Amino acid sequence: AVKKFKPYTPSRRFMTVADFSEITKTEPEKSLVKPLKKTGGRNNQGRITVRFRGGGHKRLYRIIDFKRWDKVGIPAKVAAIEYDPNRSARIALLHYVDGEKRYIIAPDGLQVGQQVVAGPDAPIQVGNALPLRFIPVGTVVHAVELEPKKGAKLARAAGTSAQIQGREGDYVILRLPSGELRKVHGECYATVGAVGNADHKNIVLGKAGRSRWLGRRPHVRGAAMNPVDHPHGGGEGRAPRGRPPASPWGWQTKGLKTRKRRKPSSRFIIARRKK
Amino acid sequence: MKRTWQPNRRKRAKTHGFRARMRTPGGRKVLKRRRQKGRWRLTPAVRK
RNA sequence: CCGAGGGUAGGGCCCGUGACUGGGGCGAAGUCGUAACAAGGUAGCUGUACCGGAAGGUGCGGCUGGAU
RNA sequence: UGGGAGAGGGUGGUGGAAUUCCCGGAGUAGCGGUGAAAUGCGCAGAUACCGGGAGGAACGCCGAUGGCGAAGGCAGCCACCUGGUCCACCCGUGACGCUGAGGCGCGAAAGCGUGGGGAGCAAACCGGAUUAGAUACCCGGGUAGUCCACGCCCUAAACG
RNA sequence: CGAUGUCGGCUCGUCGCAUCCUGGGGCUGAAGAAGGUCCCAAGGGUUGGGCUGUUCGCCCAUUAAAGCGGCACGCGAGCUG
RNA sequence: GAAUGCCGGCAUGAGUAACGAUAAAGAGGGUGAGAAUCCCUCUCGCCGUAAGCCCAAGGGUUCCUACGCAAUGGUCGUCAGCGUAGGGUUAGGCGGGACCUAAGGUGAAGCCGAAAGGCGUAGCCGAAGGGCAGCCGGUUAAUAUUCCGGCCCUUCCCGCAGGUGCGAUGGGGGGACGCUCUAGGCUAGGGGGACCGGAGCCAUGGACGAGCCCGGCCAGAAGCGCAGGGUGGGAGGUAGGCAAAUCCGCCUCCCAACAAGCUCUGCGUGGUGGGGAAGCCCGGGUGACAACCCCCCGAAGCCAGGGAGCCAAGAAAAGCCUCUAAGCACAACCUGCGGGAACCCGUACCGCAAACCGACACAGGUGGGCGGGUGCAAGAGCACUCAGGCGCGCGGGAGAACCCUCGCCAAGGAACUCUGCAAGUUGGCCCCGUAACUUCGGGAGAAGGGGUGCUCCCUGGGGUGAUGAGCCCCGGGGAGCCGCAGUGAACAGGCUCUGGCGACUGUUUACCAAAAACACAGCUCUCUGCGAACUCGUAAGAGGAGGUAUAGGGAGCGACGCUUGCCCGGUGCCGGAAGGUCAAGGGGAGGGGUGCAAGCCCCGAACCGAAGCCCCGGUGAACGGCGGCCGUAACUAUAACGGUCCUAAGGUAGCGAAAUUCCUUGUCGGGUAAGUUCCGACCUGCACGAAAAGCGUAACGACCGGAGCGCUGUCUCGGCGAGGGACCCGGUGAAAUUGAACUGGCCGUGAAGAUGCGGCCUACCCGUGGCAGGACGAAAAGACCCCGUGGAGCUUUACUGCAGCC
RNA sequence: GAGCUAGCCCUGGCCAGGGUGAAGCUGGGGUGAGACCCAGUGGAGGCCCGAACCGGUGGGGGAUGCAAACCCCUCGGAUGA
Ligand SMILES: *C(=O)C[C@H]1C[C@@H](C)C(=O)/C=C/C(C)=C/[C@H](CO[C@@H]2O[C@H](C)[C@@H](O)[C@@H](OC)[C@H]2OC)[C@@H](CC)OC(=O)C[C@@H](O)[C@H](C)[C@H]1O[C@@H]1O[C@H](C)[C@@H](O[C@H]2C[C@@](C)(O)[C@@H](O)[C@H](C)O2)[C@H](N(C)C)[C@H]1O
Ligand SMILES: [Mg+2]
Ligand SMILES: [Mg+2]
Ligand SMILES: [Mg+2]
Ligand SMILES: [Mg+2]
Ligand SMILES: [Mg+2]
Ligand SMILES: [Mg+2]
Ligand SMILES: [Mg+2]
Ligand SMILES: [Mg+2]
Ligand SMILES: [Mg+2]
Ligand SMILES: [Mg+2]
Ligand SMILES: [Mg+2]
Ligand SMILES: [Mg+2]
Ligand SMILES: [Mg+2]
Ligand SMILES: [Mg+2]
Ligand SMILES: [Mg+2]
Ligand SMILES: [Mg+2]
Ligand SMILES: [Mg+2]
Ligand SMILES: [Mg+2]
Ligand SMILES: [Mg+2]
Ligand SMILES: [Mg+2]
Ligand SMILES: [Mg+2]
Ligand SMILES: [Mg+2]
Ligand SMILES: [Mg+2]
Ligand SMILES: [Mg+2]
Ligand SMILES: [Mg+2]
Ligand SMILES: [Mg+2]
Ligand SMILES: [Mg+2]
Ligand SMILES: [Mg+2]
Ligand SMILES: [Mg+2]
Ligand SMILES: [Mg+2]
Ligand SMILES: [Mg+2]
Ligand SMILES: [Mg+2]
Ligand SMILES: [Mg+2]
Ligand SMILES: [Mg+2]
Ligand SMILES: [Mg+2]
Ligand SMILES: [Mg+2]
Ligand SMILES: [Mg+2]
Ligand SMILES: [Mg+2]
Ligand SMILES: [Mg+2]
Ligand SMILES: [Mg+2]
Ligand SMILES: [Mg+2]
Ligand SMILES: [Mg+2]
Ligand SMILES: [Mg+2]
Ligand SMILES: [Mg+2]
Ligand SMILES: [Mg+2]
Ligand SMILES: [Mg+2]
Ligand SMILES: [Mg+2]
Ligand SMILES: [Mg+2]
Ligand SMILES: [Mg+2]
Ligand SMILES: [Mg+2]
Ligand SMILES: [Mg+2]
Ligand SMILES: [Mg+2]
Ligand SMILES: [Mg+2]
Ligand SMILES: [Mg+2]
Ligand SMILES: [Mg+2]
Ligand SMILES: [Mg+2]
Ligand SMILES: [Mg+2]
Ligand SMILES: [Mg+2]
Ligand SMILES: [Mg+2]
Ligand SMILES: [Mg+2]
Ligand SMILES: [Mg+2]
Ligand SMILES: [Mg+2]
Ligand SMILES: [Mg+2]
Ligand SMILES: [Mg+2]
Ligand SMILES: [Mg+2]
Ligand SMILES: [Mg+2]
Ligand SMILES: [Mg+2]
Ligand SMILES: [Mg+2]
Ligand SMILES: [Mg+2]
Ligand SMILES: [Mg+2]
Ligand SMILES: [Mg+2]
Ligand SMILES: [Mg+2]
Ligand SMILES: [Mg+2]
Ligand SMILES: [Mg+2]
Ligand SMILES: [Mg+2]
Ligand SMILES: [Mg+2]
Ligand SMILES: [Mg+2]
Ligand SMILES: [Mg+2]
Ligand SMILES: [Mg+2]
Ligand SMILES: [Mg+2]
Ligand SMILES: [Mg+2]
Ligand SMILES: [Mg+2]
Ligand SMILES: [Mg+2]
Ligand SMILES: [Mg+2]
Ligand SMILES: [Mg+2]
Ligand SMILES: [Mg+2]
Ligand SMILES: [Mg+2]
Ligand SMILES: [Mg+2]
Ligand SMILES: [Mg+2]
Ligand SMILES: [Mg+2]
Ligand SMILES: [Mg+2]
Ligand SMILES: [Mg+2]
Ligand SMILES: [Mg+2]
Ligand SMILES: [Mg+2]
Ligand SMILES: [Mg+2]
Ligand SMILES: [Mg+2]
Ligand SMILES: [Mg+2]
Ligand SMILES: [Mg+2]
Ligand SMILES: [Mg+2]
Ligand SMILES: [Mg+2]
Ligand SMILES: [Mg+2]
Ligand SMILES: [Mg+2]
Ligand SMILES: [Mg+2]
Ligand SMILES: [Mg+2]
Ligand SMILES: [Mg+2]
Ligand SMILES: [Mg+2]
Ligand SMILES: [Mg+2]
Ligand SMILES: [Mg+2]
Ligand SMILES: [Mg+2]
Ligand SMILES: [Mg+2]
Ligand SMILES: [Mg+2]
Ligand SMILES: [Mg+2]
Ligand SMILES: [Mg+2]
Ligand SMILES: [Mg+2]
Ligand SMILES: [Mg+2]
Ligand SMILES: [Mg+2]
Ligand SMILES: [Mg+2]
Ligand SMILES: [Mg+2]
Ligand SMILES: [Mg+2]
Ligand SMILES: [Mg+2]
Ligand SMILES: [Mg+2]
Ligand SMILES: [Mg+2]
Ligand SMILES: [Mg+2]
Ligand SMILES: [Mg+2]
Ligand SMILES: [Mg+2]
Ligand SMILES: [Mg+2]
Ligand SMILES: [Mg+2]
Ligand SMILES: [Mg+2]
Ligand SMILES: [Mg+2]
Ligand SMILES: [Mg+2]
Ligand SMILES: [Mg+2]
Ligand SMILES: [Mg+2]
Ligand SMILES: [Mg+2]
Ligand SMILES: [Mg+2]
Ligand SMILES: [Mg+2]
Ligand SMILES: [Mg+2]
Ligand SMILES: [Mg+2]
Ligand SMILES: [Mg+2]
Ligand SMILES: [Mg+2]
Ligand SMILES: [Mg+2]
Ligand SMILES: [Mg+2]
Ligand SMILES: [Mg+2]
Ligand SMILES: [Mg+2]
Ligand SMILES: [Mg+2]
Ligand SMILES: [Mg+2]
Ligand SMILES: [Mg+2]
Ligand SMILES: [Mg+2]
Ligand SMILES: [Mg+2]
Ligand SMILES: [Mg+2]
Ligand SMILES: [Mg+2]
Ligand SMILES: [Mg+2]
Ligand SMILES: [Mg+2]
Ligand SMILES: [Mg+2]
Ligand SMILES: [Mg+2]
Ligand SMILES: [Mg+2]
Ligand SMILES: [Mg+2]
Ligand SMILES: [Mg+2]
Ligand SMILES: [Mg+2]
Ligand SMILES: [Mg+2]
Ligand SMILES: [Mg+2]
Ligand SMILES: [Mg+2]
Ligand SMILES: [Mg+2]
Ligand SMILES: [Mg+2]
Ligand SMILES: [Mg+2]
Ligand SMILES: [Mg+2]
Ligand SMILES: [Mg+2]
Ligand SMILES: [Mg+2]
Ligand SMILES: [Mg+2]
Ligand SMILES: [Mg+2]
Ligand SMILES: [Mg+2]
Ligand SMILES: [Mg+2]
Ligand SMILES: [Mg+2]
Ligand SMILES: [Mg+2]
Ligand SMILES: [Mg+2]
Ligand SMILES: [Mg+2]
Ligand SMILES: [Mg+2]
Ligand SMILES: [Mg+2]
Ligand SMILES: [Mg+2]
Ligand SMILES: [Mg+2]
Ligand SMILES: [Mg+2]
Ligand SMILES: [Mg+2]
Ligand SMILES: [Mg+2]
Ligand SMILES: [Mg+2]
Ligand SMILES: [Mg+2]
Ligand SMILES: [Mg+2]
Ligand SMILES: [Mg+2]
Ligand SMILES: [Mg+2]
Ligand SMILES: [Mg+2]
Ligand SMILES: [Mg+2]
Ligand SMILES: [Mg+2]
Ligand SMILES: [Mg+2]
Ligand SMILES: [Mg+2]
Ligand SMILES: [Mg+2]
Ligand SMILES: [Mg+2]
Ligand SMILES: [Mg+2]
Ligand SMILES: [Mg+2]
Ligand SMILES: [Mg+2]
Ligand SMILES: [Mg+2]
Ligand SMILES: [Mg+2]
Ligand SMILES: [Mg+2]
Ligand SMILES: [Mg+2]
Ligand SMILES: [Mg+2]
Ligand SMILES: [Mg+2]
Ligand SMILES: [Mg+2]
Ligand SMILES: [Mg+2]
Ligand SMILES: [Mg+2]
Ligand SMILES: [Mg+2]
Ligand SMILES: [Mg+2]
Ligand SMILES: [Mg+2]
Ligand SMILES: [Mg+2]
Ligand SMILES: [Mg+2]
Ligand SMILES: [Mg+2]
Ligand SMILES: [Mg+2]
Ligand SMILES: [Mg+2]
Ligand SMILES: [Mg+2]
Ligand SMILES: [Mg+2]
Ligand SMILES: [Mg+2]
Ligand SMILES: [Mg+2]
Ligand SMILES: [Mg+2]
Ligand SMILES: [Mg+2]
Ligand SMILES: [Mg+2]
Ligand SMILES: [Mg+2]
Ligand SMILES: [Mg+2]
Ligand SMILES: [Mg+2]
Ligand SMILES: [Mg+2]
Ligand SMILES: [Mg+2]
Ligand SMILES: [Mg+2]
Ligand SMILES: [Mg+2]
Ligand SMILES: [Mg+2]
Ligand SMILES: [Mg+2]
Ligand SMILES: [Mg+2]
Ligand SMILES: [Mg+2]
Ligand SMILES: [Mg+2]
Ligand SMILES: [Mg+2]
Ligand SMILES: [Mg+2]
Ligand SMILES: [Mg+2]
Ligand SMILES: [Mg+2]
Ligand SMILES: [Mg+2]
Ligand SMILES: [Mg+2]
Ligand SMILES: [Mg+2]
Ligand SMILES: [Mg+2]
Ligand SMILES: [Mg+2]
Ligand SMILES: [Mg+2]
Ligand SMILES: [Mg+2]
Ligand SMILES: [Mg+2]
Ligand SMILES: [Mg+2]
């Protein structure tokens, strides 16, 4: 339930902010934070390799448990649900009956006080991680490993999910958040349910400074530059594109496919995406 | 207005100093050149 | 002190009038089509929506005040 | 108090038929469509047939001249939550009633906002015919919409 | 072209006369008054405003009249821009 | 003898401009060869959120003293940041190092690169961040938290005593964190006192007073007091914190829990040690046995790691504490006490500036702290002043034009002009009051108006204290007084109506453009399944991202509202296992050379053989494109209607003489006395039109039009006045420019605009203040134009390559 | 060569005073319960006025300057991109 503001400034007119209603703890676990080295889009050469990055709020990185097969069979209590600025989803603090503490990304509907567990024997309940092969077909699932023991790669953003379509040998078939149909190995882990904070996508930033807070520096259009800068630079007055619309580096940017031709994972993509 | 020379002893030694020059092929040719020319000073004076 | 009234400024209602513009009523014998009345030749009407020189057409749902 | 019938309403599940699409097999010279045709689709292997898969929507027979609701309206099946109503008994209250300007709520379809969803259908739109024309009727396509959630709109041959 | 600053305005004048007014004339299809046309005449004079960068022009209100041209389309080591 | 030649020297312009903020000077007395300029005194003026004071950087002896005045100093100079010499900087506690980590840098491992080198985990380095022990006064010509005095404190070594399972680079805890708002209690700092201390003072009409003037504190260990911060205690279980663990984490039990207790800071007091004015007298000495007390205001600082709220979610590591491991428990650690030990570098001076950055003793630039008082509603604003510091390193006269900065102006009031450019006006606060429209916030300080000083009287509430007095902060009523005028000085909106553009706050061409340009939230298309796409790199490696389609890249459009039509023939992109073409390679019909021959060698047809292209489809918020001629209605005119040619399809809604309209000042209407602009309309749109978006839109704008009111020196049309210059005198003394010059007018002539030629006219020699017509005046080898088989940036379906990708 | 300038990274600092008065909270009203209305409290914002600070709108001066971009008046931002 995104929160609105009354129009008492020009920008407050449209700005919306998250309700933060699921959050139950407002300072991170000291033993699970570590400093996040802001890059500004600069690589080890010092060169900008991703334009328009930099200048956002300072952040600490919360270490997230993307394996969970670390701790097969050991139950844990959901101690709190907190804000994480490094991702769109909320995170859940887990108190394992081990004494060990860990963060996972918080699925939708997960309640403080419940217990979650990971392993082949786990109940098909929101928050439990199982190898893909042991989850019944049809089950909506998130934080899915792409390869066994390599870490949860898919469906981690707020509100996303994957759905199990069927099984074929050592592989289960997932419908990813993009609508792609892909085979993922059955020994890959995944967590029952969809990621929470689904209302994330209905946030109206509201003003330019709000983008500055997230580390997004202004994006300048190619049509606004000169020919030394961009395929769309120049012209007297305004100008249509005047050529197939291109990126700063010349490649076409309205339809040109760019997935590598002979990539080995093609044998595992069943059907490209949608809409 | 603010002009271009804004002296800074650390900046000066870290940029043109003897050790900066020795750390780099082009920097060593500089020293080799200024010795061959007979410069009294191979490197900018800076009081540290 | 109040005080006819005069002055300054800003409002409310009404009336007349205005380049141009909207449709309306009326007008013996104009131009285009033929929508409706027969199953009117696609049953008609209907609220709405979109479209078309025009009457209209079409979609969705509704009515019989529809014929056989 | 004791019972009854019912597509009355809301929520969560879930079943089979059919259409479309995709995959695999088999198979070949047409399929489709109309008053007749053409557009379209088809030897880059369509139609027709089998097995497999995905998805959306609507629930055949029962079904009726039937039932329920105040009206709009409500039809697979299951559970939960909930309204109205009828009958029996003649037990309780003791006229506590009727109507109802305003008010408030509900209110088919289309339409609108924000997300979703999208099989079939189909305003707009394109093509093929027909025709003097044909911004129609008929044929091939086809986008909103039709579907879900929340919020609007508040209309009707909302009729007995 | 080893640079002659280029429109208009403002300021400051000066000159020509093919004369707008004022002075003197002849002819008139000059009754008078008022005009028309030509001749002589450059002494002086020849307004304020609305519009436009404007020159020019149109318009308003006047006037004896609201002249036309030259001076590097007079005048930026005088100003404006 | 010429090259705007080169190096040097010296001229001209010229005793000319200038002498660097218009804060400002006058006199007396010294010194000295010499004095507007040095020293001293008195008077005057200027700064005072600085033009005072303290840090940091940078500078590097400029500091202090004596002796100097050639040059430096915009004049002068006896003076000086100048010359010569001598002197001067003192630390266990201040700052840095022998401590820690940040970005970043470096880099055993390892990775990569022709070479040079590029990466890179740990580790190391790296600070204005973390951590860490000194306060007050005195003293020097010049240093002082450094020397001295008083009172405090830290670490290391050794010893004594008491205690304890001691022990670490290892585990854990802690360190440890945002933004805005903010509580209680204090301190800094300040105001007042009829109280306390003081040299004195009574003037010129009055005052010997509850008179005037000055001052009334600072530091402090333990202890104690006040106000805060931090912190649960015990037991049992335990599989986690990469060994161990009694620690930490997790579970259960009991108890303590708005507490308490323990601990730690701040403030107060505190033995003690200091300080101590005006005035007078010569920095000192007195004052002085100085006094050192009460009331109030009160922080943005302190208690602090305090509290609340919010979303954009807010360093690390050491010190410190705890846990144990080897080890060792004659050790070792902890606590108390004692003695001893305690190194290196900086320290002068300037520091919003004459010592730093600007070539200058340059009106510019330079981070942090303190920054008093009164009044003006507040304040760091403004005026005047404290402490303190200055009068800006040429002066003296005069009182022209003209220039700058400033003041006033009769009558008029935008008539000025491209334009009200500029300058008026308005101006703070309190109260009354306030329109269209609107996204319901706004528009709004709309507009417009009233009040504002002083005296007396009555009086309400808040803070302090005690509830009172006193102090203090906000008021309320009544009656008066004075002036032209009461935010009496200073600081402080002119307003309205109506268009265009852009939603808005923002951003930009450092040094001619601040805008309608860029950005912007938002909308759409498109790519990307993760070793992502994409970007930098030869690579390794990075960024993307310790992210994962509600995400990341690319493109266009640009809040919001209502919308965004038709064309896929061409280009692009997407799809298509067929067909066509297609390179190397395979294949080897058939040839050729050579040899006696076996053979060796060469050519080579059919045929098999990718991407690409061809071909078949799709696709517009992909590149783009969206007709012509002729006829037609019962007045005329016009043409709903029709005919025909063409196209891939012939521009829809909306808007329109427009930031677009050539003809054009279109035509009509409005406003004006008059309107090429403006506004409203019309539509033959030269040449609008739907995300290079179309049409609107409240609010917003140092944007650009048009109008009105107010008010004005803008103007009719100028006048006067002020100061800084200009002018004269003393001092110092440039510049561009310059073939040489004994350098007039007219009419001609001449390479076509003559001081210089011809003819005539005019004209004694030389200056000073002024004006700009000429010297085709100066400046810059025209920046326009052209030429050169000159150059460079940019483009593409120009040529040819290369990266990249297939 | 990034001691100027542009962007980013790390670590610190700074922003007088005044004005407006969002959400929420509380109380009251209202209702079947609600929505909602009123008052108080509260203190939000690329909010308003205005110093420091950051700018550089218009005009004037300056143009061998005080200055190879300055000076005066005026003007923009000033809790935020
Ligand atoms: C072209 O620019 C040449 C220029 C003359 C040269 C000598 C030159 O550059 C002069 C510069 C000057 C006098 C600068 C003055 C100082 O400005 C200030 O300088 C300081 C250092 C700086 O910090 C700033 O101070 C704040 C800076 O302020 C801007 C400056 C003061 C305004 O003066 C000028 O700018 C004048 C300059 O324009 C000067 C007059 C120029 O000469 C003219 O050059 C043009 C090109 C030429 O005219 C052309 C125009 C055409 C081509 O259309 C054509 O019609 C004409 C015929 O030629 C003109 N002349 C006609 C030849 C020259 O006079
Ligand atoms: Mg809102
Ligand atoms: Mg609202
Ligand atoms: Mg949440
Ligand atoms: Mg940590
Ligand atoms: Mg990184
Ligand atoms: Mg690196
Ligand atoms: Mg990029
Ligand atoms: Mg970047
Ligand atoms: Mg993310
Ligand atoms: Mg989150
Ligand atoms: Mg797999
Ligand atoms: Mg979104
Ligand atoms: Mg952020
Ligand atoms: Mg942009
Ligand atoms: Mg451009
Ligand atoms: Mg450009
Ligand atoms: Mg470039
Ligand atoms: Mg290029
Ligand atoms: Mg290019
Ligand atoms: Mg272009
Ligand atoms: Mg162009
Ligand atoms: Mg352009
Ligand atoms: Mg153009
Ligand atoms: Mg451009
Ligand atoms: Mg083009
Ligand atoms: Mg291109
Ligand atoms: Mg590519
Ligand atoms: Mg896909
Ligand atoms: Mg600068
Ligand atoms: Mg600097
Ligand atoms: Mg330094
Ligand atoms: Mg330094
Ligand atoms: Mg440095
Ligand atoms: Mg370096
Ligand atoms: Mg060095
Ligand atoms: Mg080398
Ligand atoms: Mg070498
Ligand atoms: Mg030497
Ligand atoms: Mg040397
Ligand atoms: Mg060197
Ligand atoms: Mg009267
Ligand atoms: Mg009909
Ligand atoms: Mg009919
Ligand atoms: Mg019909
Ligand atoms: Mg139709
Ligand atoms: Mg076929
Ligand atoms: Mg075949
Ligand atoms: Mg589907
Ligand atoms: Mg019934
Ligand atoms: Mg009874
Ligand atoms: Mg309805
Ligand atoms: Mg026909
Ligand atoms: Mg020329
Ligand atoms: Mg010359
Ligand atoms: Mg010249
Ligand atoms: Mg004039
Ligand atoms: Mg005359
Ligand atoms: Mg002319
Ligand atoms: Mg004209
Ligand atoms: Mg006359
Ligand atoms: Mg003339
Ligand atoms: Mg001419
Ligand atoms: Mg001409
Ligand atoms: Mg001229
Ligand atoms: Mg001229
Ligand atoms: Mg000029
Ligand atoms: Mg001129
Ligand atoms: Mg000239
Ligand atoms: Mg001149
Ligand atoms: Mg001249
Ligand atoms: Mg101009
Ligand atoms: Mg010669
Ligand atoms: Mg020369
Ligand atoms: Mg030369
Ligand atoms: Mg020379
Ligand atoms: Mg020379
Ligand atoms: Mg010389
Ligand atoms: Mg010599
Ligand atoms: Mg000389
Ligand atoms: Mg001379
Ligand atoms: Mg002279
Ligand atoms: Mg001069
Ligand atoms: Mg000078
Ligand atoms: Mg000078
Ligand atoms: Mg001054
Ligand atoms: Mg005197
Ligand atoms: Mg004197
Ligand atoms: Mg002197
Ligand atoms: Mg002297
Ligand atoms: Mg003096
Ligand atoms: Mg003196
Ligand atoms: Mg005197
Ligand atoms: Mg003061
Ligand atoms: Mg001297
Ligand atoms: Mg001298
Ligand atoms: Mg000497
Ligand atoms: Mg000198
Ligand atoms: Mg000087
Ligand atoms: Mg002497
Ligand atoms: Mg010294
Ligand atoms: Mg000491
Ligand atoms: Mg040592
Ligand atoms: Mg280092
Ligand atoms: Mg440090
Ligand atoms: Mg220290
Ligand atoms: Mg101390
Ligand atoms: Mg001292
Ligand atoms: Mg112990
Ligand atoms: Mg912490
Ligand atoms: Mg932290
Ligand atoms: Mg910190
Ligand atoms: Mg905040
Ligand atoms: Mg104190
Ligand atoms: Mg005070
Ligand atoms: Mg235990
Ligand atoms: Mg254990
Ligand atoms: Mg004393
Ligand atoms: Mg004594
Ligand atoms: Mg502060
Ligand atoms: Mg604190
Ligand atoms: Mg670290
Ligand atoms: Mg042992
Ligand atoms: Mg032993
Ligand atoms: Mg040592
Ligand atoms: Mg010192
Ligand atoms: Mg300054
Ligand atoms: Mg400072
Ligand atoms: Mg100084
Ligand atoms: Mg000076
Ligand atoms: Mg200076
Ligand atoms: Mg002050
Ligand atoms: Mg004081
Ligand atoms: Mg005030
Ligand atoms: Mg302050
Ligand atoms: Mg002075
Ligand atoms: Mg000064
Ligand atoms: Mg001076
Ligand atoms: Mg004089
Ligand atoms: Mg002045
Ligand atoms: Mg007067
Ligand atoms: Mg006057
Ligand atoms: Mg007026
Ligand atoms: Mg007037
Ligand atoms: Mg005017
Ligand atoms: Mg104007
Ligand atoms: Mg102008
Ligand atoms: Mg004022
Ligand atoms: Mg109005
Ligand atoms: Mg109003
Ligand atoms: Mg208005
Ligand atoms: Mg309006
Ligand atoms: Mg309103
Ligand atoms: Mg007012
Ligand atoms: Mg008001
Ligand atoms: Mg009053
Ligand atoms: Mg008075
Ligand atoms: Mg009076
Ligand atoms: Mg104001
Ligand atoms: Mg703007
Ligand atoms: Mg703009
Ligand atoms: Mg716009
Ligand atoms: Mg807008
Ligand atoms: Mg916008
Ligand atoms: Mg702003
Ligand atoms: Mg420029
Ligand atoms: Mg500029
Ligand atoms: Mg420049
Ligand atoms: Mg511009
Ligand atoms: Mg601006
Ligand atoms: Mg721009
Ligand atoms: Mg914008
Ligand atoms: Mg938009
Ligand atoms: Mg989208
Ligand atoms: Mg690259
Ligand atoms: Mg290489
Ligand atoms: Mg990373
Ligand atoms: Mg833009
Ligand atoms: Mg609207
Ligand atoms: Mg096309
Ligand atoms: Mg096509
Ligand atoms: Mg195409
Ligand atoms: Mg085309
Ligand atoms: Mg349309
Ligand atoms: Mg028009
Ligand atoms: Mg017109
Ligand atoms: Mg227009
Ligand atoms: Mg046009
Ligand atoms: Mg025109
Ligand atoms: Mg024109
Ligand atoms: Mg006209
Ligand atoms: Mg008119
Ligand atoms: Mg104009
Ligand atoms: Mg027309
Ligand atoms: Mg375009
Ligand atoms: Mg355009
Ligand atoms: Mg507006
Ligand atoms: Mg603006
Ligand atoms: Mg603006
Ligand atoms: Mg006006
Ligand atoms: Mg004047
Ligand atoms: Mg004067
Ligand atoms: Mg004389
Ligand atoms: Mg002299
Ligand atoms: Mg001299
Ligand atoms: Mg000569
Ligand atoms: Mg001569
Ligand atoms: Mg002469
Ligand atoms: Mg002469
Ligand atoms: Mg000639
Ligand atoms: Mg001549
Ligand atoms: Mg002559
Ligand atoms: Mg001669
Ligand atoms: Mg001759
Ligand atoms: Mg001659
Ligand atoms: Mg002669
Ligand atoms: Mg003569
Ligand atoms: Mg003279
Ligand atoms: Mg003169
Ligand atoms: Mg002249
Ligand atoms: Mg001349
Ligand atoms: Mg010449
Ligand atoms: Mg000349
Ligand atoms: Mg040359
Ligand atoms: Mg030339
Ligand atoms: Mg040139
Ligand atoms: Mg140029
Ligand atoms: Mg030419
Ligand atoms: Mg050529
Ligand atoms: Mg040639
Ligand atoms: Mg060439
Ligand atoms: Mg190459
Ligand atoms: Mg920098
Ligand atoms: Mg630096
Ligand atoms: Mg501020
Ligand atoms: Mg404040
Ligand atoms: Mg107020
Ligand atoms: Mg309030
Ligand atoms: Mg609250
Ligand atoms: Mg603001
Ligand atoms: Mg205000
Ligand atoms: Mg001005
Ligand atoms: Mg200035
Ligand atoms: Mg000013
Ligand atoms: Mg402001
Ligand atoms: Mg402020
Ligand atoms: Mg902030």
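Every chain is numbered from 1, with letters handed out A, B, ... down the list of sequences. Technique stated in the header: X-ray crystallography, 2.7 Å. The entry is not shown in full; contacts are counted within the portion that is. Order of appearance sets the numbers: ligands from 1, and atoms from 1 within every ligand.
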Ligand 1: main contacting chain per the PDB entry: 23S Ribosomal RNA
Drug or drug candidate at ligand 1: tylosin (bound form)
Other-chain contacts of tylosin (bound form), heavy atoms, cut-off 4.0 Å: E, F, G
Contact residues, tylosin (bound form), heavy atoms 4.0 Å: E:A3, E:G5, E:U6, F:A779, F:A780, F:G782, F:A783, G:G62, G:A63, G:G65, G:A68, G:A69
Tylosin (bound form) - covalent partner residue and atom: F:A783 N6
